[PDB]
**Q** 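For reference, this is Albumin solved together with naproxen.
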Amino acid sequence: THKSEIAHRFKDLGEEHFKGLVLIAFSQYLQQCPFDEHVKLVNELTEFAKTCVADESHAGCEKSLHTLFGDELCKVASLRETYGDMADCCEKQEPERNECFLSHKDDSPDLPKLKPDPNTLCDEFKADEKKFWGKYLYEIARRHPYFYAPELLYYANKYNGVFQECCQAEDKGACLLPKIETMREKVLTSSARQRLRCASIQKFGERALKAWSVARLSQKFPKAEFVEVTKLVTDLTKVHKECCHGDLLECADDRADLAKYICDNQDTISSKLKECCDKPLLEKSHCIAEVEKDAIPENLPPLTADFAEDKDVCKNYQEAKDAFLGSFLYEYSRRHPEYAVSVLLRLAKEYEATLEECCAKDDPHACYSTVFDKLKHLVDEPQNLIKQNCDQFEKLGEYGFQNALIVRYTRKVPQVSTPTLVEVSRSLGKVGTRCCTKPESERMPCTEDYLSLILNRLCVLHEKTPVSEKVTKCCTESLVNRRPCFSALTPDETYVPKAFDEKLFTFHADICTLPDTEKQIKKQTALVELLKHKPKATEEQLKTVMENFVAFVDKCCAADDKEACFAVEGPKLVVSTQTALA
Ligand SMILES: COc1ccc2cc([C@H](C)C(=O)O)ccc2c1
Ligand SMILES: COc1ccc2cc([C@H](C)C(=O)O)ccc2c1
Ligand SMILES: COc1ccc2cc([C@H](C)C(=O)O)ccc2c1
């Protein structure tokens, strides 16, 4: 329909944005190459796009976006030498070649943890604002190779606006570190949301993403009609599909478009959008993404009416399954803005399973008329876990809770690799902080949605190199029952203990020197390995091993010759610990 896709997107996005997405795209496809390779790729591509803008007939201007990006990545001399089997993608035709690159996205790339000097940072910034802006896109995007790319350009500006307001202060440090931290959460979170949106389509079909889009949209805009929501849903699903499939130019473009549409139709969508719609382009879509719920309209009928009472349920459903089910989702979501999206989807799935068996039965209506009680039962099911988990969080504090979750997970999925068990248990206990201080009514929803983000990370880390059958099962059985499914696991008897490996339990003076985070991780790693070796260790003993350990580090980090003390106290500690675990 357009002579030249690259021309079209360049015009549409404008140079600056066009360059920032190309970079992000290269940086996600190729997470090792240094910055500088990438800025070369970015400009080559952009020069060429400029030629196509001026003359659309010009050779190459007709190629697809994959073919052009892909053409550019094959010309990397580093490929075979840096990326291994990656350079074999270059031997294929499109679209297999593109598929092949995308399958080498690495969810755990192992990159220097970003230690920033407020000084060096305000330097680099005053020297080159635009290169700074790019550098940040690169570093985030290479570490989060599914990160929502237009939402990333948004963060890059906010980053830049943080230094524009803070480098001209006197105590720059004190202005920066708060704002950086606050932003840097928001970015990890955004990444994990985005990774779960891609994990939907990839493992469960565009229909799962589409359904997410209904739940989210209906909650946010419950005034809007099904017909309208249905429109926004088609557009929102395409943005995310394109986005997850690495088509960032299309992603950005259709997203800007959808914001423009939403604004031009506030009267049929929401009363909360005034403030959003007066913002510039990137900020507009974010504000929208964050806008407040609209008020549930007034005389809505019972849901029982359309979905349980009505004798024609099986008729409407057989006629168009996903559409009818989208309607259930709109109707349920628009009335329960408090609920977790995971929950709404969990309800929709169950209502599906229900019609699925009931419409094949002799009087469907007797079977399905009773379904809402079953749904009431599901929403109430998880409430006691919360309580247990919050009390435990309050008693132990965040860090102790991370430890309890380390033990807990290591017993249920001890075949999981240790890096993954530590990362995930650390995130799981950050849920305590996120959700436990909230008013009770709010807790279950909060938790349900965070645990989905986090359990997805486990599934995604594990599916890379799969080792535990239970995890594979929970990860592939569903998205929306993962939390129940993980919560229903228990330690197992099949597991042979890991042979003692002393190397994993030695400590050196370095331990005193590490940044705090890295110090926690090193101990939580030991803790995991301990449970893999001693999977029956009881909680009182582990309390002993844990006090004894803190006494040990404390003694040794206080000593005149710390090495000597570690050398000596070290083996003492292995010995008691080996002794205490019978
Ligand atoms: C089909 O199941 C899903 C898909 C995507 C989800 C994304 C999210 C994040 C928290 C979101 O921003 O809504 C939560 C639950 C989800 C369930
Ligand atoms: C339009 O109705 C749907 C469609 C797809 C769904 C998928 C899922 C997830 C992926 C699942 O865990 O099976 C949940 C609910 C859904 C409702
Ligand atoms: C802050 O409240 C929480 C924190 C972590 C939790 C982890 C889990 C996992 C699924 C588990 O227990 O297996 C469940 C509930 C949780 C509630």
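Residues: numbered from 1 along the sequence shown. Keep in mind that the numbers below use all heavy atoms, side chains included, and drop hydrogens, waters and symmetry copies. One-based numbering, in listed order, for ligands and for the atoms of each.
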**Q** Using a strict 4.0 Å cut-off to heavy atoms of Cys436, name the atoms of naproxen (ligand 3) that fall inside it.
**A**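 Those atoms are 1 (C).
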**Q** Closest non-hydrogen protein atom to atom 12 (O) of naproxen (ligand 3), residue and atom name please, with distance?
**A**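 I find the closest protein heavy atom is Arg408 NH2, 2.8 Å.
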**Q** For atom 9 (C) of naproxen (ligand 3), find the nearest protein heavy atom and state the residue, atom name and distance (0.1 Å precision).
**A**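 Here the nearest protein heavy atom works out to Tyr409 OH, 3.1 Å.
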**Q** Can you list the naproxen (ligand 3) atoms lying under 4.0 Å from a non-hydrogen atom of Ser487?
**A**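 What qualifies from naproxen (ligand 3) is 10 (C), 11 (C), 12 (O), 13 (O), 14 (C).
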**Q** In which UniProt domain of chain A do most residues touching naproxen (ligand 3) lie?
**A**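 That would be UniProt domain Albumin 3.
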**Q** Atoms of naproxen (ligand 3) less than 4.0 Å from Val431 heavy atoms?
**A**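 Under 4.0 Å from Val431, naproxen (ligand 3) has these atoms: 1 (C), 4 (C).
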**Q** Going by distance only, is there an N or O of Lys412 that falls short of 3.5 Å from an N or O of naproxen (ligand 3)?
**A**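 Yes - when backbone and side-chain N and O of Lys412 are compared with those of naproxen (ligand 3), one distance drops under 3.5 Å.
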**Q** Looking only at distance, does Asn389 have an N or O less than 3.5 Å from an N or O of naproxen (ligand 3)?
**A**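 No, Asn389 has no N/O under 3.5 Å of an N/O on naproxen (ligand 3).
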**Q** Should you measure from each heavy atom of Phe486, which atoms of naproxen (ligand 3) turn up under 4.0 Å away?
**A**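 Result: 13 (O).
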**Q** Which naproxen (ligand 3) atoms are under 4.0 Å away from a heavy-atom of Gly432?
**A**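 Reading through naproxen (ligand 3) atom by atom, the close ones are 1 (C).
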**Q** Does naproxen (ligand 3) have any N/O pairs with the protein under 3.5 Å, and how far apart?
**A**
unit_1              : atom_1 : unit_2 : atom_2 : d
naproxen (ligand 3) : 12 (O) : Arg408 : NE     : 3.4
naproxen (ligand 3) : 12 (O) : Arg408 : NH2    : 2.8
naproxen (ligand 3) : 13 (O) : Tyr409 : OH     : 2.8
naproxen (ligand 3) : 13 (O) : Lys412 : NZ     : 2.8

